[PDB]
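In this structure, oxipurinol is found bound to xanthine dehydrogenase, chain B.
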There are 2 protein chains.
Amino acid sequence: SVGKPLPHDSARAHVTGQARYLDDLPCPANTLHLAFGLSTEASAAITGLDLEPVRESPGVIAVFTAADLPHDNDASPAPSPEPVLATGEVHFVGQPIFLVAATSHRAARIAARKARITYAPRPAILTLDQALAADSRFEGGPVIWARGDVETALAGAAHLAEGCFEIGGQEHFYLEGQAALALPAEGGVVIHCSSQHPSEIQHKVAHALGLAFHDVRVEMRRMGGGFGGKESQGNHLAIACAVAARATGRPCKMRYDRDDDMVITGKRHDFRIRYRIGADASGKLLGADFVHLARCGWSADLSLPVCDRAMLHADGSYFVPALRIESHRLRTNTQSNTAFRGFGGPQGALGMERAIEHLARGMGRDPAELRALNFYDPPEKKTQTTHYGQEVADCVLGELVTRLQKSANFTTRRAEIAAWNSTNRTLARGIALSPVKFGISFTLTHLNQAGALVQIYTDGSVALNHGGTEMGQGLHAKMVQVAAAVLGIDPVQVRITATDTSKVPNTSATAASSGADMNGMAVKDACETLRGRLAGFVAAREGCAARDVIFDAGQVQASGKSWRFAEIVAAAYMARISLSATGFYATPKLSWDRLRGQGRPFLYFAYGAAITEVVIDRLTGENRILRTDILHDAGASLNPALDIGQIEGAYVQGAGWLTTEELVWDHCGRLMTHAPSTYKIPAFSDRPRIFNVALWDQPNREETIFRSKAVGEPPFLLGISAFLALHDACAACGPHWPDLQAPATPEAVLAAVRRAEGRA
Amino acid sequence: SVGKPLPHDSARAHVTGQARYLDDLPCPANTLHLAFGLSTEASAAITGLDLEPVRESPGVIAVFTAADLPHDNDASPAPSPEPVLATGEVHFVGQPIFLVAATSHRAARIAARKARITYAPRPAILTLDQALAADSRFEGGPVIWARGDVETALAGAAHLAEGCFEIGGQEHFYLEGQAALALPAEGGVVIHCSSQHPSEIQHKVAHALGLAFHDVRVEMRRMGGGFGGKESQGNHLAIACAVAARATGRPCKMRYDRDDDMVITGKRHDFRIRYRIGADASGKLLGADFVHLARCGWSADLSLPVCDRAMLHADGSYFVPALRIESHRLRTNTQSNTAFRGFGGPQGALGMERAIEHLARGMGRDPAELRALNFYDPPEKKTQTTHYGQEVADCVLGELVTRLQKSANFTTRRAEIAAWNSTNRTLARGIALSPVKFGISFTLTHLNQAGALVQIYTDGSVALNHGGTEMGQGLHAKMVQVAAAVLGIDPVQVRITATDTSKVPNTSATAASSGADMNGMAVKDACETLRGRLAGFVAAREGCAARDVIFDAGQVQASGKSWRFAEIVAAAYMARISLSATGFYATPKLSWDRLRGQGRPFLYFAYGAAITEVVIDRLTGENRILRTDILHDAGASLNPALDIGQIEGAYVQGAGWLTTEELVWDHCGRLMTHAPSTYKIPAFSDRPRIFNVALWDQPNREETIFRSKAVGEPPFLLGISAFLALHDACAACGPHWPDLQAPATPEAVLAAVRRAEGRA
Ligand SMILES: Nc1nc2c(c(=O)[nH]1)N[C@H]1C(S)=C(S)[C@@H](COP(=O)(O)O)O[C@H]1N2
Ligand SMILES: Nc1nc2c(c(=O)[nH]1)N[C@H]1C(S)=C(S)[C@@H](COP(=O)(O)O)O[C@H]1N2
Ligand SMILES: O=c1nc2[nH][nH]cc-2c(=O)[nH]1
Ligand SMILES: O=c1nc2[nH][nH]cc-2c(=O)[nH]1
Ligand SMILES: [Ca+2]
Ligand SMILES: [Ca+2]
């Protein structure tokens, strides 16, 4: 079943509005609703906290403060704490300071605004330089990795390019907002939330309430979008909900209004990247030296892994004999940044990407050959390594880009464009090609495990359950498909159930594009046990050997006789053979050392390429993507439709990141862009007018679920091509380095134009 | 932990009203409430059905009729159907005809009464003779089993007794009544209910909705008692709930008001038992021939297995060279009878016990030696068999009864009584010893399976889950105990979860006193798995063998180091070892054939004995139990507290059965006793004033979880001593056979008195 383009498991339900998300679930009439009241300072001591106006507000029932917290007060996904309710001082504008449970969402919102709070302000750190200045950082100092000796390499280099440039963050904007609900259930709680990580929600709620893990059960059936935004900031909602619940005696739900959501949660780490890169006379890179300043926010969240991944991707798609990264994870008084599709990767990649382009302009070379010339070697003595020392044995980049350029009519188009430009004085088109190599697996190694539990009922139908969470990316269907493929029956007999830490325990968050790779195995593992039992039984019964019992298309065949799967199961039931099983999986071959920067942190890499073409307006910088062509490698895809879709969506999101998406804070730290009316994701019409997406269809070298390949994050990096192209257009307008910053808003583009035009 | 007298798992919650049973669960404001409208005819064709008044009644939302059922209309636990709504005709007073769904339980009841129905009455069959007469029956004819040649045997017997007697049914009176709730959950349903058989609730709900099983989940956390009454009559409530909820789009609950419950559900099968038994001059049984007429009601329900079980126990505790049974299972237009603690066994045993008393009286012998003399032989060439040919290899009655007689001062007490009676002309005391042997395992062999799913979280706590359902009998403690023992940690670390068919599938109803025998094994089975993975891991890590890793008391020990179980678990999680496992178990050695009456239908036999002392008043029949002494064999008890408890309570209920519980139908077939005000269970004061219960402590010969023994049903048979003792007091008043019938209400006793007295 694996391999066919079947629709998402809740397609119909989405499309008629029966699919329920969290705020849709029915709940008792006495359910309360909650809202945080937030700090209005970027950095201060809290000096007075009068809440009387709060308690007195209509419909309100309980109000909460760090002191009311019965046990832990900490939602951080990492060993250093992050209070859920402020403990004496605040650190960014948005930080929740107390919590309100009233008889209605509005009510709670309204009350949250009546507090009388006095602060003793303090100097605030809002910018990388400020941070740098004040040595405000995480991990007691920057992280440095080095392979070879760069300064040597670069001092003696025929060509060179130094450059510095800004990469702005990005707000997830998941259509369904953060949200959760908790229901006291004799002794313990049951939380429903919209999170990518129920096993953690469990852990944090448990600690928040002083309960052993077994007294807390998180169920989560679907999220309306997550993109990393829900890898951890689901914690504050769950904690508050469980805590209000334990106190008031009653169910408590909490959902952030959009404005709150954007102000409180984190975003993608914005980066400043400073690079020197250099090459040979023939164009082979000689070395690249990089410094990453990354804006993490006021607490650790997942900065640690994120910045590790960006370093880990600083080689972009190329082999480089010497390469250095110095990675500062700067602490600042603003939203605590966190995961976002790509998890650092795009930042590191775009780093190398910008440079190599700068390099190419420098030597009047065509960027594309320059790249193509430095891709890692194809597979099949001594294989090349990355700067962290992992052999790259499966890079099909050379082949693929070639194939893409042909199919995209790359060369010819390039000319048509030059011409067209030369005849225009107000508009310029530009086009670029960018590649992608992304590694698969958590860099924090022991997260790479998954479990599934499978049940077959006497009427032959099946209930599948696994650790992943469906956030729109088709995970469940793939897992259904794998299961139906391994048991030999039609998918229709397989039903998916909601994710539930009481059914599969100790899960990792659904992330690192590892949802399907791993859960897939786990389910397969369960289904294999089950199938095993069936064959054993059939065999003894029909005298003969298990391995000749065949399950296919809903039918079982043995010794010339054949029966319907149901008929087999019923009979195993009568025979008393267990029809239930768990299954589990752990990614092999991984080992690496973060501090040393050496090892094999990944199983295999994902690749792909994209050629985008755009036009810009020389007067105002207005601009847009006319056409894009992608060719991306999803292994032996488990579901081509489902994959094409992630590819298309990711691309858009990726581009979105480098074009109109822009975060802005005011001089006092306030988030100015905190609502769709001022934070602008790709709207329907920004879709490329011609959008060709196709897949490289080749098995994965490594032994993954049906030789497929993760496909959720990788494709997000194809967005770079858009930025690259945007920059090709500026370059066409003058002979200077456009030095286009990201995000490329029109103001930004217009600025690049002028530089290149030499008008300042 | 196994072996300690620990409290029930939910004792704190029982005692402060926090434990929630089904009607306590909170549910959405829009939930609807249901009630059936019932037939008022014992047997007729439904000719007209005006429901208009119903739809018109206040708060009503939907009304249903067989025609409205969307798919199956059948709630029977057996191959022949039993409609949930009546189809054209009715067969007893109480049979549900249509179904109302209103915005409140009262509203529903009230509307249920407004229908205008016209019937076309038919002759009804209400008594055994009638049915016998009309050849009204199930299984197309009686069932006969014969071992040896009885006629021959009897004909040539030094001693003989023929007698015939009635045994009455019994209403469960579970303190929480039948009840269920169904929640549409996108495409499928979730049922909560109060039932001993969630996997079946699943089956029937599914079939009624037209859904594969996998779209139906039943969760059942605890029942307020079941005693058999919830082995199958949970079905109608669940089907109706689900059906109403498919149609109205909203959650529907249904619980039966007492009066309804007693009129609609079934009761223990009342019996008429005819016998001839005969012996040697020395007292050894020669043969015994038995006829069982059994009133099953309008529909199959579980008559089939029940009646098999009575045949199965017609040998009571005695070896009998020849013995025959003809068992009629007669259909009648009354409540469809069903399971009840003992499931036929008591009726069968009572049968033999009456007869051997009759024989004893006939030969001027003391019943007690008569019995003592014919018990099966102890264990340790050719071992005796039962009349179904199953060797009885573990009968310790001899040893046990002896011990009981002595500890209870039997003989001296017998004398004290004779004297006392001789000085008394209005009161008479009676005393009697009665033994029990009870087979353990469903007689419908493939039912004897169970499964469990266990989880260990990274803080070391543990979530246990198995297929059995808690109904007051202590199953979840015993299961927690086994788990804690096998894993080597303190029980506090293990929490039980609600029975849930999406977690352990395809379960048998919890019954046959086999809840723990089996789930215990399965739970051991998963724990052993998990403890296996842990040892493996410690082994590898500390180099050494797994069999030397030791879990005890919450601590793990190997090569001279030790750590806390939780430290092991966390370490395993980081090593990426699955901490989840299912478990399964199927009882071995069983094989037997219903039709022939031959086989091993049981793993082992439960035994015990009870001596009861009573007084009756020769004027009105009033009477009461003064003192009871029991010695019962629970194997190596999994929890002596919990086991003494089942013995106590069961004794009471058993006596209850043969003394004040009495069912009564009027000429039209209407149940006259349908409420506690007229059906009378033992009340506090009818407890024996001196009530000594003690356990026989010997490991089971068979390999049962910790060598323990089922103790749910067997001990109910100890009630028979109460009846036998009431009969001894009658006997004490005259030289004639009292012919005491059951139930021995005071009317009944007085009647016996007079027979004995020759006063008619
Ligand atoms: N439609 C949709 N796709 C998505 C997301 C989402 O929230 N919605 N989250 C992304 C992120 S951050 C990851 S890490 C992958 C997860 O895919 P996977 O489960 O198979 O690993 O989904 C990507 N694709
Ligand atoms: N307190 C209590 N004890 C009880 C019952 C009950 O509803 N409540 N049901 C009886 C019946 S019919 C059976 S079959 C056993 C179940 O014992 P087991 O589950 O451990 O097999 O409960 C016996 N004892
Ligand atoms: O290496 C990681 N990659 C991720 N992608 N999305 C979430 C991720 C995470 O925790 N770690
Ligand atoms: O043999 C059985 N004995 C039972 N006791 N309680 C329920 C039973 C059943 O289904 N079968
Ligand atoms: Ca966010
Ligand atoms: Ca009943």
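Here is the naming used below: chain letters follow the sequence lines, and residue numbers restart at 1 for every chain. As the structure lists them, so they are numbered: ligands from 1, and atoms in each ligand from 1. What you see here is only part of the deposit, and the contact count is restricted to that part.
In this structure, the ligands or chains belonging to oxipurinol are ligands 3 and 4. Other chains contributing a heavy atom less than 4.0 Å from an atom of oxipurinol (ligand 4): B.
Counting heavy atoms within 4.0 Å, the binding site of oxipurinol (ligand 4) comprises B:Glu231, B:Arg309, B:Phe343, B:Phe442, B:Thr443, B:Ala511, B:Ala512, B:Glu713.
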